[PDB]
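In what follows, a structure is listed as structure tokens, so that the remarks can point back to it.
Residues 670-919, in that order, are what chain A shows, numbered as in the PDB entry. Computed from heavy atoms alone, side chains included, the values below leave out hydrogens, waters and symmetry copies. Both counts, for ligands and for their atoms, begin at 1 and track the order of listing.
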Amino acid sequence: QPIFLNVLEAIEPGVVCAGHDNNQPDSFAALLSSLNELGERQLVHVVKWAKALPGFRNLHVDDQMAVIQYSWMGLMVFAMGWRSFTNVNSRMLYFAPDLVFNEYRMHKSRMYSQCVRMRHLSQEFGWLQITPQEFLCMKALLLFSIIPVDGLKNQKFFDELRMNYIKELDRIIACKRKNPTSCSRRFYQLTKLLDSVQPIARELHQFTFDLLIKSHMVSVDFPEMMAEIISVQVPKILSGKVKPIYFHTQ
Ligand SMILES: C[C@@H](Cc1ccc(O)c(O)c1)[C@@H](C)Cc1ccc(O)c(O)c1
Ligand SMILES: C[C@]12CC[C@H]3[C@@H](CCC4=CC(=O)CC[C@@]43C)[C@@H]1CC[C@@H]2O
């Protein structure tokens, strides 16, 4: 029995609802305030999920919050892609059971191009035939894929942790496979899939950072936690002080 898989499967967070009043007209201001409240909500879970991950509390405490604060975009975008694939075969974006974006919501949110990228992503789960086991280990690996260029408080611990999550993903690929040509191709495939989250996550950082700046102008509410992470932590990403870790050069 794989102990590592039992844990991921057990800690996976349940459905989270956005709180969106679906009887309102689909306006930019309402779509985004709801995506924003959706972020606050998802964030509470992400924190609880990350803390229960095997080895996570071995990281220094300031590094525990830094990694969560750097990587939430990618992790949530990925999860959402998976929810989109499993529920509606990647036809729409399944943000929350109460906030499914049709083509029209995509246009009204004014992120049609990001949503188009987010949708290609969700389709990849289908095209690549990702298993829930692979999905889960990839998502944990995503929590460890962005860090300051000066390094963390205890960079050593982090590197150990992340090396292990790499092995586990490699373990879940090998656990039922014939010859090592396909084990290779698959690991290549999934590593490229993970890389692909980063540019998408970078576009959303830019977007939401812009959005918060003119939040008052455009009538868009940001909950406190979202306000603080976007104004404190996102700018370090955008200014190049915090960078994603790619498996392959872009
Ligand atoms: C994810 C873990 C990998 C793992 C642990 C136990 C298992 O039975 C397994 O199959 C894989 C990883 C964290 C190993 C580890 C052990 C001890 C630690 O202190 C630490 O930071 C990390
Ligand atoms: C950041 C954001 C709210 C949080 C959104 C994000 C789009 C991606 C996303 C996917 C989810 O499933 C949870 C909400 C999040 C994480 C939105 C883009 C602009 C808006 O400000």
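- PDB records name the drug found at ligand 2 as testosterone.
- For ligand 1, the recorded drug is nordihydroguaiaretic acid.
- What binds testosterone (ligand 2) most in this entry is, by the naming of the PDB entry, androgen receptor.
- Residue list (UniProt 17beta-hydroxy-5alpha-androstan-3-one-binding, chain A, heavy atom under 4.0 Å from testosterone (ligand 2)): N705, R752, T877.
- Polar contact check, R752 against testosterone (ligand 2): a nitrogen or oxygen pair lies under 3.5 Å apart.
- Considering backbone and side-chain N/O of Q711, none are found under 3.5 Å from N/O of testosterone (ligand 2).
- Remark: testosterone (ligand 2) atoms within the under-4.0 Å shell around heavy atoms of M745 are 12 (O), 16 (C).
- Considering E706, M787, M780 only, the shortest heavy-atom separation from atom 18 (C) of testosterone (ligand 2) involves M780.
- The residue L881 has no part lying near testosterone (ligand 2), judged by heavy-atom distances below 4.0 Å.
- If you number the atoms of testosterone (ligand 2) from 1 as listed, the ones under 4.0 Å from a heavy atom of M749 come out as 12 (O).
- Most residues of chain A that touch testosterone (ligand 2) lie in the UniProt domain NR LBD.
- At a 4.0 Å heavy-atom cut-off, testosterone (ligand 2) does not touch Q783 at all.
- Close approach to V746 involves these atoms of testosterone (ligand 2), each under 4.0 Å from a residue heavy atom: 8 (C).
- The PDB records the biological source of chain A as Escherichia coli.
- Proximity of atom 15 (C) of testosterone (ligand 2) to the protein is not indicated, since no non-hydrogen protein atom lies closer than 4.0 angstrom.
- In this structure, residues within 4.0 Å of testosterone (ligand 2) (heavy atoms) are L701, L704, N705, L707, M742, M745, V746, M749, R752, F764, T877, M895.
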